[PDB]
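Structure of interest - contains palbociclib.
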Amino acid sequence: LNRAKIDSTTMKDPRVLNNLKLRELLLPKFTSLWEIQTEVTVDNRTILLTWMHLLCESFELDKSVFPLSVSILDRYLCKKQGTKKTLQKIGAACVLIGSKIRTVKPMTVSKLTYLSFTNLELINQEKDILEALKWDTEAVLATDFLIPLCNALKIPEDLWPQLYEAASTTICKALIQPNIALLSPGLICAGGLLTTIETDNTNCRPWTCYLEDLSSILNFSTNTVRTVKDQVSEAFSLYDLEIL
Amino acid sequence: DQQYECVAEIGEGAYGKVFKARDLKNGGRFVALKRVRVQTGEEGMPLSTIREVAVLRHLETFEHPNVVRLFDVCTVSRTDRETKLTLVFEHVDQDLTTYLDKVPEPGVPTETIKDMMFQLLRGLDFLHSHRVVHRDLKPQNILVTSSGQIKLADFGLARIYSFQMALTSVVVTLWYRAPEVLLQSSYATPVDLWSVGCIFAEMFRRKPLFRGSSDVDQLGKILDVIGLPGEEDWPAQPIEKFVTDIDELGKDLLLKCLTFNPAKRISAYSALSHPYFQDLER
Ligand SMILES: CC(=O)c1c(C)c2cnc(Nc3ccc(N4CCNCC4)cn3)nc2n(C2CCCC2)c1=O
Ligand SMILES: [Ca+2]
């Protein structure tokens with residue numbers, strides 16, 4: 001019931017931003033998403049990712065659960081081979097694992113199975129992800145960068161709550177899409193922010209004005225930044241529950 | 001599964017118990033074994049355990065000197081029974097508790113006091129700068145190696161903090177809880193420093209400072225010492241009484257961690273730089 005309020009230590013310390021970027025360099029580069037796969041396509045992924053998204057959204061889980069569900073799922077689908085009649089399970093086990101870490105009230109098995117395989121059969125599909133990833137579960141989420149970026153960009157604090165709520169919502173959806181899976185979490189975030197800023201100016205400066213800065217903050221070129229915005233702004237638009 | 005043999009039980013941790021044991025395939029040296037009996041109810045691996053490993057794994061490529069190390073997770077699934085877990089860490093000789101209990105008179109040397117404090121804050125700094133709050137900081141969780149080095153242990157209540165995230169109103173053990181938690185308020189990192197305030201003191205006076213029994217009493221106990229603050233700070237008695245044998249700069253630091261308002265309470269980073277510490281590693 002209580003929520004995490006602003007904490008200068010965790011939010012305004014420049015070296016926090018500094019370490020996100022660093023720990024971003026830990027999970028290495030998917031040269032191509034789901035290459036190891038010899039059955040399920042990326043199309044299957046978009047579908048399972050919107051089911052997993054809907055799950056998180058409708059049960060109102062903390063915003064950082066889904067991105068991490070995605071990250072687990074992906075990491076996991078190199079280490080092992082997935083199937084079509086089995087993805088539902090796997091994705092279900094990612095949300096279940098993600099919820100266990102990043103949210104106080106985690107998605108229960110009975111909640112997850114009943115909606116969707118036996119609950120025994122799901123417990124294994126957890127075990128099997130855990131040991132496959134060798135319990136190294138956590139990850140830098142595109143989410144994690146939101147406030148550290150608002151702070152770095154000198155955005156007034158009273159805007160943080162809305163800005164947070166709004167751009168986390170758009171990042172989360174964007175993540176559903178194939179091509180977004182390849183971008184660095186810092187960038188996905190910078191994109192999320194700018195798109196959001198664009199639609200209802202929120203009484204900041206306008207989108208334009210933050211492009212050169214995020215390029216300085218993150219240490220990419222401006223073109224890269226301008227691109228990732230369009231890219232994430234796209235990913236958002238392509239959300240569609242009918243595909244289910 | 002069969003690389004070990006348990007000796008003494010060095011304490012009942014997060015879910016069950018933690019044993020002292022030796023590794024065989026290695027140099028023959030010591031390993032810390034956490035036994036986790038997963039209830040064949042229906043929730044999968046315990047929340048607390050999954051989280052705690054994930055955080056420790058996540059930071060391990062930093063190899064921070066003031067944090068415990070995890071080597072392995074056994075897992076052996078049983079079709080004849082429930083699962084059981086072997087969680088395997090570096091062994092450390094004793095905790096702060098036993099050490100405070102064993103130390104010759106007249107207690108721990110002030111220069112050790114300063115150093116343990118230092119290391120402790122240092123490990124904390126680290127943890128916070130990676131957005132981890134170790135919200136279960138107590139003498140039993142603080143580990144002292146043979147060379148007298150500090151390791152933060154039991155990460156089963158630690159979690160990565162993000163704005164607007166949901167919180168359990170129920171964190172830290174009674175004695176070392178902060179007013180914000182007691183008041184059922186929202187909380188974060190300053191929580192760890194409150195604990196370090198309490199611990200700092202427990203070092204000089206080899207006895208816990210705030211020994212409550214209810215939350216309400218636990219709060220009064222605190223307020224009996226630190227004093228009632230203003231309307232501003234709500235969302236005495238001179239300390240030296242409760243903490244004799246403390247230096248003037250040790251005091252200022254100690255108050256700075258034991259600030260009622262959290263947003264006023266000092267941070268590890270600024271605490272690491274407080275004038276109490278100049279004398280140390282230099
Ligand atoms: C899983 C952990 O993080 C962990 C580890 C790695 C650790 C290692 N060495 C310890 N070494 C110890 C710990 C305690 C003692 N004393 C033994 C005699 N009685 C009091 C404690 C001696 N050696 N203790 C450890 N703990 C204890 C903290 C609470 C319960 C376990 C831990 O959680
Ligand atoms: Ca929740």
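Letters A, B, ... are given to chains in the order of the sequence lines, protein chains preceding strands, and every chain is numbered from 1. Both ligands and their constituent atoms are indexed starting at 1 by order of listing. The analysis underlying the following values was restricted to heavy atoms, covering all of them including side chains, and did not include hydrogens, waters or symmetry mates.
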Exercise for the section: State which chains or ligands correspond to palbociclib. Expected result: ligand 1
Problem - Largest contact partner of palbociclib (naming from UniProt) - result: Cyclin-dependent kinase 6
Practice task
Write down the other chains contacting palbociclib, where contact means heavy atoms under 4.0 Å apart.
Solution key: B
Exercise for the section: Identify the binding-site residues of palbociclib using a heavy-atom cut-off of 4.0 Å. Expected result: B/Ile10, B/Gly11, B/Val18, B/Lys34, B/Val68, B/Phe89, B/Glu90, B/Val92, B/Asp93, B/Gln94, B/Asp95, B/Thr98, B/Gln140, B/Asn141, B/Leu143, B/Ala153, B/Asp154
Exercise for the section: Identify which residue UniProt marks as active site in chain B lies closest to palbociclib, and report the minimum heavy-atom distance rounded to 1 Å. Expected result: B/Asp136, 8 Å
Practice task
Record the residue and atom bearing a covalent link to palbociclib.
Solution key: none
Problem - UniProt domain (most residues in contact with palbociclib) of chain B - result: Protein kinase
